[PDB]
Amino acid sequence: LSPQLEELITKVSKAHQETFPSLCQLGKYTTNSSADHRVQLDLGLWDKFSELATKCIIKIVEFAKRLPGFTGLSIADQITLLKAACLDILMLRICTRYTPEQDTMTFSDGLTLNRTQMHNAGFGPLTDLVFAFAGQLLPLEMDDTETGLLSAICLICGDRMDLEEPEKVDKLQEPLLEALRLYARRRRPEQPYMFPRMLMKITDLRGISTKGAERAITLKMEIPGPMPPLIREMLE
Ligand SMILES: CCCCCCCCCCCCO[C@H]1O[C@H](CO)[C@@H](O[C@H]2O[C@H](CO)[C@@H](O)[C@H](O)[C@H]2O)[C@H](O)[C@H]1O
Ligand SMILES: CC1=C(/C=C/C(C)=C\C=C\C(C)=C\C(=O)O)C(C)(C)CCC1
Ligand SMILES: [Cl-]
């Protein structure tokens, strides 16, 4: 045991909780927009969804800047990491707020959309794969600390193309991996496969995000103007 590792766990947990409202703390609310049938795109829903996405991108940057050592990387490397991982983290975030009984996902302001509305907001042919990912995330029963640490591990990764100092990024990731294993095993000692299961979710997350990037291309043709600039920074 080391005090430094325990401090890292709590720092990351706090950074996550303070940039990602929990489903339980949110005042959920609904919309009646295009709620029953799948359409190509409901522009009202796209407007609301894309605005929320911009806000969450800013929150993910805020989260990143609170991760120990992140701001010690070159600005170029910080941007490179954020561009590489933002969509992964957005996916993890929305899927964490999945309510299976109601077949809904809840955004950071409490906006709660059913599957059809998620489709109509822009997810389109990606919707059911996203819900399937959320469904397969559930049994892991991850808590906020674990979700925070996993998000940090997804972001701080030395394999990203065009990194100036990949070995430096590698070194920053090391304690995050150690922290997640220590925490996961302590919390649920009778479920020792939880750590490796969590790590394998990273690969699943990358897979769904690649599909997300593909969806963005087709979505660009359906929208009446360009996507919001921070969304373009994430995708383009
Ligand atoms: C994925 C690609 C990544 C590319 C890197 C982009 C990093 C840019 C992040 C913005 C950094 C500056 O952030 C600073 O100004 C932003 C714009 O006024 C604010 O951004 C936002 O803040 C509020 C709460 O987060 C939001 O409800 C508002 O939409 C907006 O004002 C930040 O609260 C502020 O701390
Ligand atoms: C942004 C964006 C996309 C993905 C959004 C995802 C995957 C999650 C959004 C999460 C939010 C916005 C959570 C919150 O508010 O807590 C897709 C690929 C559809 C293409 C259009 C732009
Ligand atoms: Cl570009």
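We're sticking with the PDB entry numbering for chain A, so the shown stretch reads 182-417, in order. As the structure lists them, so they are numbered: ligands from 1, and atoms in each ligand from 1. Note that these values count all heavy atoms, side chains included, but never hydrogens, waters or copies made by symmetry.
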Options 9-cis-retinoic acid, ERB-041, R-talinolol, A77 1726, R-roscovitine for ligand 2: 9-cis-retinoic acid
Chain with most contacts to 9-cis-retinoic acid, per UniProt: Retinoic acid receptor gamma
Any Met272 heavy atom less than 4.0 Å from 9-cis-retinoic acid: yes
Protein heavy atom at shortest distance from atom 18 (C) of 9-cis-retinoic acid: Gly393 O, 3.5 Å
Source species of chain A (PDB): Homo sapiens
Shortest protein contact, atom 6 (C) of 9-cis-retinoic acid (heavy atom only): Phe304 CZ, 3.8 Å
Heavy-atom gap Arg278 to 9-cis-retinoic acid smaller than 4.0 Å: yes
Shortest protein contact, atom 22 (C) of 9-cis-retinoic acid (heavy atom only): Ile412 CG2, 3.8 Å
Sub-4.0 Å heavy-atom contact, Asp290 with 9-cis-retinoic acid: no
Top protein contact for atom 21 (C) of 9-cis-retinoic acid, by heavy-atom distance: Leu400 CD2, 3.6 Å
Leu268: numbered 9-cis-retinoic acid atoms lying under 4.0 Å from its heavy atoms: 4 (C)
Nearest-neighbour protein heavy atom for atom 15 (O) of 9-cis-retinoic acid, which is reported as residue plus atom name and distance: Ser289 N, 3.0 Å
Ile275 neighbourhood, listing 9-cis-retinoic acid atoms whose heavy-atom distance to it stays under 4.0 Å: 8 (C), 10 (C)
Dominant UniProt domain of chain A around 9-cis-retinoic acid: NR LBD
Atom 11 (C) of 9-cis-retinoic acid [closest protein heavy-atom partner, distance rounded to 0.1 Å]: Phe288 CD2, 3.7 Å
Those atoms of 9-cis-retinoic acid less than 4.0 Å from some heavy atom in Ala234: 1 (C), 12 (C)
Protein contact to atom 2 (C) of 9-cis-retinoic acid [nearest heavy atom, distance to 0.1 Å]: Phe230 CZ, 3.9 Å
Binding site of 9-cis-retinoic acid, heavy atoms under 4.0 Å: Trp227, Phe230, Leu233, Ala234, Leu268, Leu271, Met272, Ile275, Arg278, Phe288, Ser289, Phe304, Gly393, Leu400, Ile412
Note down each nitrogen or oxygen pair, 9-cis-retinoic acid side and protein side, whose separation is under 3.5 Å; give only atom names and the distance to 0.1 Å.
| unit_1 | atom_1 | unit_2 | atom_2 | d |
| --- | --- | --- | --- | --- |
| 9-cis-retinoic acid | 15 (O) | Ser289 | N | 3.0 |
| 9-cis-retinoic acid | 16 (O) | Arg278 | NH1 | 2.8 |
| 9-cis-retinoic acid | 16 (O) | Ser289 | N | 3.2 |
| 9-cis-retinoic acid | 16 (O) | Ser289 | OG | 2.7 |

